[PDB]
Protein chains: 2
Amino acid sequence: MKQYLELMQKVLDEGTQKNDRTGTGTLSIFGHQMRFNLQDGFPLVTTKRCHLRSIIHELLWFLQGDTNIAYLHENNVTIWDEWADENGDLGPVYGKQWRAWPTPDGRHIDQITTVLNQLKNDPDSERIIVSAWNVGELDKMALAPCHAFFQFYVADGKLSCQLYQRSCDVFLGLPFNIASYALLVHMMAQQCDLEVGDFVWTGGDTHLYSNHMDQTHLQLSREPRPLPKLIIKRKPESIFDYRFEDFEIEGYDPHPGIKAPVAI
Amino acid sequence: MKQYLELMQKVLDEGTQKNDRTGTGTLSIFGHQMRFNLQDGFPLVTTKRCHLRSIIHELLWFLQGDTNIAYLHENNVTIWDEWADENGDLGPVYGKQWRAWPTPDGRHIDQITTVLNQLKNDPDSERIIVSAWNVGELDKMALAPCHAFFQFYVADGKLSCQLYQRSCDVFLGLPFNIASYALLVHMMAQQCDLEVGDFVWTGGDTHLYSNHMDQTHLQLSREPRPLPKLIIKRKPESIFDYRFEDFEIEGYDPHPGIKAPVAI
Ligand SMILES: C#CCN(Cc1ccc2[nH]c(N)nc(=O)c2c1)c1ccc(C(=O)N[C@@H](CCC(=O)O)C(=O)O)cc1
Ligand SMILES: C#CCN(Cc1ccc2[nH]c(N)nc(=O)c2c1)c1ccc(C(=O)N[C@@H](CCC(=O)O)C(=O)O)cc1
Ligand SMILES: *c1cc(=O)[nH]c(=O)n1[C@H]1C[C@H](O)[C@@H](COP(=O)(O)O)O1
Ligand SMILES: O=c1ccn([C@H]2C[C@H](O)[C@@H](COP(=O)(O)O)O2)c(=O)[nH]1
């Protein structure tokens, strides 16, 4: 997408070389922001083929409050294998924090349900937020949350959402993260009888790994295609009831996929 | 500053009218970002005289892990009065979360000390983060955090910082928050022997209150001047050892102050 490709160019033009924990090396910039008008089309990258089945299943997984890969395995999704333990556990990552953030008084807060209630009864609120950044549990997590904090906003009957991503693997992760959130926005909007607005992406440490340079320039040499369209074939009684098959993406015609290694 | 004035005009030009919780009404936009190169000067607004004194004491108040306005009163700072209880308590706000984030198991994590140690021992870290958004204590707070989440980043010996502000009173709050964080970056850099980089500000619900229109128009008609320069007189033994007397702003020649009512 224009924005995504423009981001890649920026990191290449302004990036600074950094030694990273994975000892792979990154080219990075700090602070960036882009907006996707969800009414223009579903923001799924076309300059390379993306795996929709993996994106959807991960999101349903998060929504279920799950943090074990069994579910992802049942559906042949292996994007999380490298970080799971012998038992398939990732620790209290996304799913747990979203559905059951533990307070100090022994309670657990379901942030998704809370946000849903706000959108329906207090869409004007200035604090419709979900955070995965649980400082007190960070140490039990296989990996600290990358997409860490998100906020919803309503105006003119449209639902917008802004995500703050503390660390971003531009080539590999970003396309996934973007599609995932836009998907969540459509689902929330459908549950609240709202129209979809903008998805705003804000990044902290935004980088390209050293071993993704050729893939990046290959991609950059391509012209984006018309954005695909998302069709939801049903209206479940709750945001927790969606199924993989309720979704249909139409008119997705991307360029060929580009394989790249992930840094552990 | 040009950036500040530009954001002000954008809100008037594109803002949507909202009925806020105070019942005052706001002109609102969602998602915005601005960058301040700290090398170019301290970002203290010049088109309106600002009071560095209340800005400094609040910051120092935070770094002490304090939630009682007592200390602020000791210093003639009255900005938090409307929200304190009969005892002067605000609940586990900023200070408490910065210095003693409570774990579900009874422990506390000191995020400032953590961040100090990260900048010193692992400056390349992609997770040098401080969060005040403790989902489990929001209902105990007198006011949910506005400047909710911040991240530090180091590149070529420079210290940059990004703040995510979920709610922003553009006229009254913003100038204060920008100086506060700029100030913080200068202290961290000094304690960590780094140069100052960029201060990146990202907002969620960014608004102007209805009863701030006159002041806004007045301000929008003034020309910004060169930014001052921040001077630190002594290098304390620790980030928790600074005092009001340690900072000196130099070359600050702002237009006259503008009075505006606070929306409570
Ligand atoms: C973001 C996120 C979720 N996750 C979590 C996740 C976990 C660790 C990470 N680690 C790093 N260094 N970068 C990441 O992007 C990353 C992402 C993903 C993991 C892998 C792929 C990846 O391998 N995609 C490949 C293969 C696609 C497939 O098997 O379906 C692709 O070519 O896109 C995508 C997302
Ligand atoms: C942000 C923040 C911190 N705080 C906390 C705080 C709490 C609630 C708020 N509520 C609203 N609607 N806007 C705010 O900016 C705001 C700020 C502030 C409180 C008020 C002032 C305000 O009175 N500014 C005066 C200062 C004059 C003086 O120094 O005494 C001014 O006219 O500039 C500034 C900051
Ligand atoms: C993480 C997960 C995700 O959903 N998206 C991402 O882009 N990533 C990336 C960010 C970064 O490259 C790395 C995480 O490691 P660290 O804790 O920052 O060392 O995976
Ligand atoms: O440091 C601060 C504190 C508050 N506000 C503003 C944001 C909103 O205008 C309001 C608080 O309302 P809630 O969003 O907390 O309900 O005060 C700021 O800009 N900066």
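Here is how names work: the chains are called A, B, and so on, in the same order as the sequence lines, proteins then strands, and each is numbered from 1. Atom set for the values below is all heavy atoms of this structure, side chains included, hydrogens, waters and symmetry mates excluded. Just follow the structure's listing: the first ligand is 1, and inside any ligand the first atom is 1.
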* To do: Write down the drug at ligand 1.
  => CB3717
- Task: State which chain has the largest number of heavy-atom pairs within 4.5 Å of CB3717 (ligand 1), named as in the PDB entry.
- Result: thymidylate synthase
Could you check which other chains have a non-hydrogen atom under 4.0 Å from CB3717 (ligand 1)?
A
Practice task
Measure from atom 21 (C) of CB3717 (ligand 1) to every heavy atom in A:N76, A:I79, A:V45 and give the option owning the shortest one.
Solution key: A:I79
| query | Any idea which of A:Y94, A:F171, A:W83, A:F176 brings a heavy atom closest to atom 8 (C) of CB3717 (ligand 1)? | reply | A:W83
**Prompt:** So, for atom 27 (C) of CB3717 (ligand 1), does the protein have a heavy atom nearer than 4.0 Å?
**Reply:** no
Query raised in the report: In CB3717 (ligand 1), which numbered atoms sit nearer than 4.0 Å to a non-hydrogen atom of A:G173?
Result: 1 (C), 15 (O)
Next on the checklist: I'm curious which UniProt active-site residue of chain A ends up closest to CB3717 (ligand 1) - could you give me that plus the heavy-atom distance, rounded to 1 Å?
Outcome noted: A:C146, 6 Å
Margin query: Under 4.0 Å from atom 17 (C) of CB3717 (ligand 1), is there at least one protein heavy atom?
Written below: no
> Which residue owns the protein heavy atom closest to atom 25 (C) of CB3717 (ligand 1), what's the atom, and how far is it?
Replying inline: A:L172 CD1, 4.4 Å
inquiry  = Need the CB3717 (ligand 1) atom indices (1-based, order shown) with element for anything under 4.0 Å from a heavy-atom of A:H51.
reply    = 30 (O)
Any chance you can find the covalent attachment site for CB3717 (ligand 1)? Residue and atom would be great. none
Open item on the list: Test your reading of the structure: does A:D169 have an N or O sitting under 3.5 Å from an N or O of CB3717 (ligand 1)?
Closed with: yes
Worksheet item: Under 4.0 Å from any heavy atom of A:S54, which atoms of CB3717 (ligand 1) are there?
Response: 30 (O)
Which of the numbered atoms in CB3717 (ligand 1) are under 4.0 angstrom from any heavy atom belonging to A:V262?
9 (C), 10 (N), 11 (C), 12 (N), 13 (N)
Q) Can you list the CB3717 (ligand 1) atoms lying under 4.0 Å from a non-hydrogen atom of A:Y209? A) 12 (N)
Of all the atoms in CB3717 (ligand 1), which lie at a distance below 4.0 Å from a heavy atom belonging to A:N177?
-> 1 (C), 2 (C)
#### Entry: Selected option - heavy-atom contact closest to atom 3 (C) of CB3717 (ligand 1), from A:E58, A:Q165, A:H147
A:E58
Site residues for CB3717 (ligand 1), heavy atoms under 4.0 Å = A:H51, A:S54, A:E58, A:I79, A:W80, A:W83, A:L143, A:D169, A:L172, A:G173, A:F176, A:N177, A:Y209, A:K259, A:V262, A:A263
